[PDB]
Engineer: 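Structure with forodesine attached for reference.
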Amino acid sequence: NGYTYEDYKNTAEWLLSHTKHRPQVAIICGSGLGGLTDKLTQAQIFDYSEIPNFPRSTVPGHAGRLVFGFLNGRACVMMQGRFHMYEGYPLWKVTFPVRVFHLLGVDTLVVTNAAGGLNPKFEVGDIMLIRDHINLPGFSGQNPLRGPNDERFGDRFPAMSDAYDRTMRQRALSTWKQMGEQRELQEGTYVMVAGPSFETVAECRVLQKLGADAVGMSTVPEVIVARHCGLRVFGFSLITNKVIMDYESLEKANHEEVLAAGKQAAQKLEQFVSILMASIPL
Amino acid sequence: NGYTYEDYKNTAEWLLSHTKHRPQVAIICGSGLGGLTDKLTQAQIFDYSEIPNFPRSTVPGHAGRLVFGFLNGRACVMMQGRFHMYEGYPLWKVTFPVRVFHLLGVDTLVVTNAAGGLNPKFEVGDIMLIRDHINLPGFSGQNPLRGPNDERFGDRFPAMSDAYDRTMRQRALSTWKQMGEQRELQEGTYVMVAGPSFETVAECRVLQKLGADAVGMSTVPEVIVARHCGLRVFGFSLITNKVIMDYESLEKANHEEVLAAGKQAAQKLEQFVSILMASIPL
Amino acid sequence: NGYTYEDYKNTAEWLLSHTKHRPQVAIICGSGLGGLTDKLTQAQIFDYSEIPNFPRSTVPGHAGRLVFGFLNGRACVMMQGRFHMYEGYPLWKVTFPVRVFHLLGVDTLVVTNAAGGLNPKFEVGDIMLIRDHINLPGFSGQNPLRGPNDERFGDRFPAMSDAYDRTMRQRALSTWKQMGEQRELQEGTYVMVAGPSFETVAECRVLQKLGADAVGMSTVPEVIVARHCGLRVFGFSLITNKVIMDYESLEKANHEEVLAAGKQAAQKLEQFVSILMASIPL
Ligand SMILES: O=c1[nH]cnc2c([C@@H]3N[C@H](CO)[C@@H](O)[C@H]3O)c[nH]c12
Ligand SMILES: O=c1[nH]cnc2c([C@@H]3N[C@H](CO)[C@@H](O)[C@H]3O)c[nH]c12
Ligand SMILES: O=c1[nH]cnc2c([C@@H]3N[C@H](CO)[C@@H](O)[C@H]3O)c[nH]c12
């Protein structure tokens, strides 16, 4: 891990002394969900490039910014653009922000992402709640906590069986009903793979047998580092596409179909998030 | 990825200006199948050592050569000796040739390899056709496409559900009948593991439950980079041994038994490949 | 692999000329089982820090020592404190001792460790014998043998289906009866994951479906390098905790509960090991 404890501090202090805002909730906007930034009030923006020790984005969208502000009466801080393993970043870079948020005072993390549908009942547009995850990269060694443990942040062997806040999962289901949506809120397991290429048919079959409901290439590292931190954790997935599960098909997965899905569910996603802010205890 | 786009170009140009040949089909000869080199006509040889930017072979067989020529009226280019992950090479080295082939003008890749038999119906000598693969290393992070994407070669998130050419799979089955072989042509899923040690009994059981038919320690990376390239892809496996699946057994897997299998199926493999060349569209 | 063959030699020679002892059996004491060191007679201690080329322990317990001596009339050598992947060590460091033991003359390796219980019949305190393992990190690339093979130690593609000595497994069962323990000796498959965080519920379910009986974050690399060496291999697991397998639970895994388990089964573990020494042929 190239980051000493001081690096985390220095980044925190720099931000603390560059904004009067003091966030409680950190939000990581997944693919095509960055619109949430609009709903914040008194929004103060900071590009990653200007933030000391921040993994400088390669050439994805060049619009990696930390947007502070208030969302439904809640001191937030949003990441509009995130880092992934498939871009070449070591997991201690992918998750460097989460520890910065902690030192800033945040005590709750909301992670959102786009993912394929493994559960056959799911459908494009659906919003699966994350009850649990399967960290395939972690089994093999790729775990953000790898290396000497910094007791200052947390313990050597933190548990993950209680990763996703039960309360939040329950309160989010409520809010959804108090929205009268046709499609019932979904809930399940999120499996992470590194990507960047898409699953073959055989691969999807594996992921289903494993018991995964949806598949993405992010989130899990951030969640793990968060939990090791003491942060409360809630998150969901926007089922942007159903994974191909038969060879007699004539369909393929593509960034187009995925971004298009994000595009439509755009505002519906924002509403849901904004409202839920009221459920986060103080 | 240590290779810039220029490196690929320079290697391509060097080859282009060092041979009058202009290949359409690239062939990667798996373990003990390198004999195919004999069947080429007007065969021009190039050792990897002399080819700029080519991963220089460690000390496997020191006979890593790129052999250009014609095979059954088809401008080929064969790799007699390939690179593996277990030898320590990063996947962007293991698959550097595939992108060189592309810039040379190749538009079809034939991958062959030796592998164990997971499907219980399989037998030593069998020739399993590859319908699909399970990229275990990829799930964890080891994917040749890892790092910044070079739009010049392909997209950021390429699909793999349609990796192995349907047409070719069908036409290869034909050719086999027009050979009157006792054993029917086999077809199935190829699972990749990094090796270099062999699967335990428990491990084989896992691979079978995953739904894999055969297991090897190569190919998948090359296929992925190929598909990201637009190349058509066909490939097969020479079931050189049945994996041990019971503890009451008294059998072990070894390079001897594997090379011996390659040795007998040697010519039979060549015939099949050479003929199929006629099925590859122009 | 940062270690040349000379490095192994130099370390061996240094030890050979620093102790009159010449071990036959090497013992790797897992978590909370390091007490075995007491039972040795004519015990000569060597801290890792003083041993050339030895992976210098970071800041776990600072008590990494190689303790030579006799155990039940058997020239031993024990590792009180081991290296793990989650601490950041490359597997060729984690397993550097095993090859040092070989050059010292050892021909048998006993590996012990603490692990969670996947098999539902298991219970805290139980002692599962290792019949086989599932090397998840290995599938993805993390295999101690990765890189150029040193024929001097062993072959390029060693088998692992016969990793755990049948004889020993049988003789250990005997010894246990000749102990009249209430709980029958357990036996099964050990699955390795890198850690350092604990499995989620979904993760445990995966490991069970894979067919694993217990889960830990070590051992497998050492075993593999041992077998590639020609060493006989025996080992067991102290089921220190049952992994959480339902979401309706209110239990978590922690280093406290694990070390506490090691603490009670402490001596019972030693007795078993010490006695078994007599079963190891000469
Ligand atoms: O089916 C899928 N498999 C793997 N990742 C994704 C994604 C997520 N969307 C992004 C690619 O569009 C990528 O960042 C990935 O994490 C959507 N659908 C799938
Ligand atoms: O049962 C098997 N498991 C894993 N690899 C292989 C192979 C292939 N053959 C080579 C070892 O002989 C190695 O390069 C591997 O990719 C044959 N049989 C098996
Ligand atoms: O349930 C478990 N999962 C993964 N590792 C362990 C362990 C072993 N104990 C250590 C953590 O207490 C760690 O070194 C690990 O290898 C005990 N129980 C479990």
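The chains are labelled alphabetically, A first, in the order the sequence lines are listed. To match the PDB entry, the residue numbers of chain A are left as they are there, and the shown ones run 3-284. Residue numbering in chain B adheres to the PDB entry, whereby the residues present occupy positions 3-284 in order. Since chain C takes its numbers from the PDB entry, the residues it shows come out as 3-284. Atoms within each ligand, like the ligands themselves, are counted from 1 in listed order. Heads up, header says this was done by X-ray crystallography, 2.5 Å. Only this structure's heavy atoms are used, side chains among them; waters, hydrogens and symmetry mates stay out.
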Engineer: For forodesine (ligand 3) in this structure, which bound macromolecule has the most atom pairs within 4.5 Å, going by the PDB entry?
Structural biologist: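 The main partner is Purine nucleoside phosphorylase.
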Engineer: Which other chains have a heavy atom under 4.0 Å from forodesine (ligand 3)?
Structural biologist: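 Chains with a heavy atom under 4.0 Å: A, C.
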Engineer: Write out the phosphate-binding residues UniProt gives for chain C that lie under 4.0 Å from forodesine (ligand 3) by heavy-atom distance.
Structural biologist: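 A heavy atom under 4.0 Å occurs in these UniProt residues: C:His86, C:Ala116.
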Engineer: Under 4.0 Å from forodesine (ligand 3), counting heavy atoms only, is it the side chain of C:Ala117, its backbone, both or neither?
Structural biologist: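 Just the backbone.
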Engineer: For atom 14 (O) of forodesine (ligand 3), find the nearest protein heavy atom and state the residue, atom name and distance (0.1 Å precision).
Structural biologist: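 Heavy-atom neighbour on the protein nearest atom 14 (O) of forodesine (ligand 3): C:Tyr88 OH, 3.2 Å.
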Engineer: Would you check whether C:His257 has a nitrogen or oxygen atom less than 3.5 angstrom from a nitrogen or oxygen atom of forodesine (ligand 3)?
Structural biologist: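 C:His257 vs forodesine (ligand 3): N/O contact under 3.5 Å present.
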Engineer: Identify the protein heavy atom lying closest to atom 8 (C) of forodesine (ligand 3), giving its residue, its atom name and the separation to 0.1 Å.
Structural biologist: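 Looking only at protein heavy atoms, the one closest to atom 8 (C) of forodesine (ligand 3) is C:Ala116 O, 3.3 Å.
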Engineer: Per the deposit, which organism was chain C derived from?
Structural biologist: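 The deposit names Homo sapiens.
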Engineer: Among all protein heavy atoms, pick out the one at the shortest distance from atom 16 (O) of forodesine (ligand 3); state its residue, atom name and that distance to 0.1 Å.
Structural biologist: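 So the nearest neighbour among protein heavy atoms is C:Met219 N, 3.0 Å.
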Engineer: Ignoring hydrogens, just give me the one of C:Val260, C:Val245, C:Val217, C:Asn243 whose non-hydrogen atom is nearest atom 18 (N) of forodesine (ligand 3).
Structural biologist: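 It is C:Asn243 that holds the nearest heavy atom.
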Engineer: Which purine D-ribonucleoside binders in chain C, per UniProt, sit with a heavy atom less than 4.0 Å away from forodesine (ligand 3)?
Structural biologist: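 The UniProt purine D-ribonucleoside-binding residues passing the heavy-atom test: C:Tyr88, C:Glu201, C:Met219, C:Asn243, C:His257.
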Engineer: What neighbouring ligands or ions lie under 4.0 Å from forodesine (ligand 3)?
Structural biologist: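 Nearby: nothing.
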Engineer: So, does C:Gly218 sit close enough to forodesine (ligand 3) that a heavy atom of it is under 4.0 Å from the ligand?
Structural biologist: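 Contact present.
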Engineer: Which atoms of forodesine (ligand 3) are found less than 4.0 Å from any heavy atom of C:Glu201?
Structural biologist: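 So the atoms of forodesine (ligand 3) that pass are 1 (O), 2 (C), 3 (N), 4 (C).
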Engineer: Tabulate residues with any non-hydrogen atom nearer than 4.0 Å to forodesine (ligand 3).
Structural biologist: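 By heavy-atom distance, those residues are A:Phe159, C:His86, C:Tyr88, C:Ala116, C:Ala117, C:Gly118, C:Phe200, C:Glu201, C:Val217, C:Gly218, C:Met219, C:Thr242, C:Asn243, C:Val245, C:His257, C:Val260.
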